[PDB]
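Working notes, beginning with the structure itself.
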Protein chains: 2
Amino acid sequence: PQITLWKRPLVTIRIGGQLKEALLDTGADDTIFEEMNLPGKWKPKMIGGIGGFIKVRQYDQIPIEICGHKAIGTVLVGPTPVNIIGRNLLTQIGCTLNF
Amino acid sequence: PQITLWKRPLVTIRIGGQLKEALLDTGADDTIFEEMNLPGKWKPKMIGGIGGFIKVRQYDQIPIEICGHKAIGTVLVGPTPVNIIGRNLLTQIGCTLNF
Ligand SMILES: CC(C)CN(C[C@@H](O)[C@H](Cc1ccccc1)NC(=O)O[C@H]1CO[C@H]2OCC[C@H]21)S(=O)(=O)c1ccc(N)cc1
């Protein structure tokens, strides 16, 4: 799709068979979801944003479907204000900025 | 232009006698720049993201030039680690997400 930016670019995603809303976020290097259960091993990690650093759980090679487009990559779980799809997955679905 | 997302979407912007690098950020509601001393009236504000909140000054009707495209609107100023062009100005320069 072509998505304009008068509203937040929130899209429904499928992750672990569950539907969630997430923000397409070109200023995020990484993908972070609010607290949820994901299967398999995770690695403790820390990441920084505008307001400081947080601790997250890093899950590798997680399939996610974003508006019907498949990605498989790293998903962090931690105290983000909203679920965010970052460039690690936006690149996999072929997303670009255009003006 | 078309900007891919393999790397951070940093572009040159002009805000006064300052040429700066800023992130084209679909996950940011409003433009926020690193500490600088802009002219007019303003309003204190707190903006939140990963790690918590920062205090900023909100300035209105500030003209900026983004890759040669003119914009004019709200610019927040505060201790952000990265200059960010948010949706408030991305819309004005005709920027969309496409996949
Ligand atoms: C978390 C988002 C809902 C909101 N943020 C914009 C977001 O794009 C920031 C923008 C950003 C970019 C770099 C540094 C700080 C903030 N990215 C971010 O936090 O990404 C994190 C996940 O991937 C990592 O890569 C970048 C930081 C990590 S925000 O910076 O907090 C923000 C919030 C409000 C406004 N008006 C402007 C910006």
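Just so we're on the same page: letters track the sequence lines, and every chain starts at 1. Whatever order the structure lists them in is the order used to number ligands and atoms, beginning at 1. Note that these values count all heavy atoms, side chains included, but never hydrogens, waters or copies made by symmetry.
In this structure, the drug found at ligand 1 is darunavir. Tallying contacts with darunavir, the largest count belongs to the chain named in the PDB entry as aspartyl protease.
Using a 4.0 Å cut-off on heavy atoms, the other chains next to darunavir are A, B.
Residues with a heavy atom within 4.0 Å of darunavir: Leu23(A), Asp25(A), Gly27(A), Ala28(A), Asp29(A), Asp30(A), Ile32(A), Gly48(A), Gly49(A), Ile50(A), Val82(A), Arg8(B), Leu23(B), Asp25(B), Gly27(B), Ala28(B), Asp30(B), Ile32(B), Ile47(B), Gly48(B), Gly49(B), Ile50(B), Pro81(B), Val82(B), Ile84(B). The protein heavy-atom contact nearest to atom 36 (N) of darunavir is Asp30(B) O, 3.0 Å. Counting only heavy atoms of the protein, atom 6 (C) of darunavir lies nearest to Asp25(B) OD2, 3.3 Å. In the vicinity of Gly49(B), heavy-atom distances shorter than 4.0 Å reach the darunavir atoms 31 (O). Of all atoms in darunavir, numbered sequentially from 1 with element shown, those under 4.0 Å from a heavy atom of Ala28(B) are 37 (C), 38 (C).
Considering only non-hydrogen protein atoms, atom 24 (C) of darunavir sits nearest to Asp29(A) N, 3.6 Å. Residue, atom and distance of the protein heavy atom nearest to atom 21 (C) of darunavir are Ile50(B) CD1, 3.8 Å. In terms of protein heavy-atom proximity, atom 11 (C) of darunavir is closest to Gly27(A) O, 3.8 Å.
Source organism (PDB) for chain A: Human immunodeficiency virus 1. By the 3.5 Å distance cut-off applied to N or O atoms, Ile84(B) is not counted among the residues near darunavir. Of the protein's heavy atoms, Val82(B) CG2, 3.9 Å lies nearest to atom 13 (C) of darunavir.
From the protein, the heavy atom lying nearest to atom 14 (C) of darunavir is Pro81(B) CG, 3.8 Å. The protein heavy atom nearest to atom 28 (C) of darunavir is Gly48(A) O, 3.2 Å.
Heavy-atom proximity to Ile32(A), at under 4.0 Å, picks out these atoms of darunavir: 22 (C).
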Could you pull out the N/O contacts under 3.5 angstrom between darunavir and the surrounding protein atoms?
| residue | atom | partner | partner atom | Å |
| --- | --- | --- | --- | --- |
| darunavir | 8 (O) | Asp25(A) | OD1 | 2.5 |
| darunavir | 8 (O) | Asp25(A) | OD2 | 3.2 |
| darunavir | 8 (O) | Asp25(B) | OD1 | 2.9 |
| darunavir | 8 (O) | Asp25(B) | OD2 | 2.6 |
| darunavir | 17 (N) | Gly27(A) | O | 3.1 |
| darunavir | 23 (O) | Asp29(A) | N | 3.1 |
| darunavir | 23 (O) | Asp30(A) | N | 3.1 |
| darunavir | 25 (O) | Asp29(A) | N | 3.0 |
| darunavir | 25 (O) | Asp29(A) | OD2 | 3.3 |
| darunavir | 36 (N) | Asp30(B) | N | 3.3 |
| darunavir | 36 (N) | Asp30(B) | O | 3.0 |

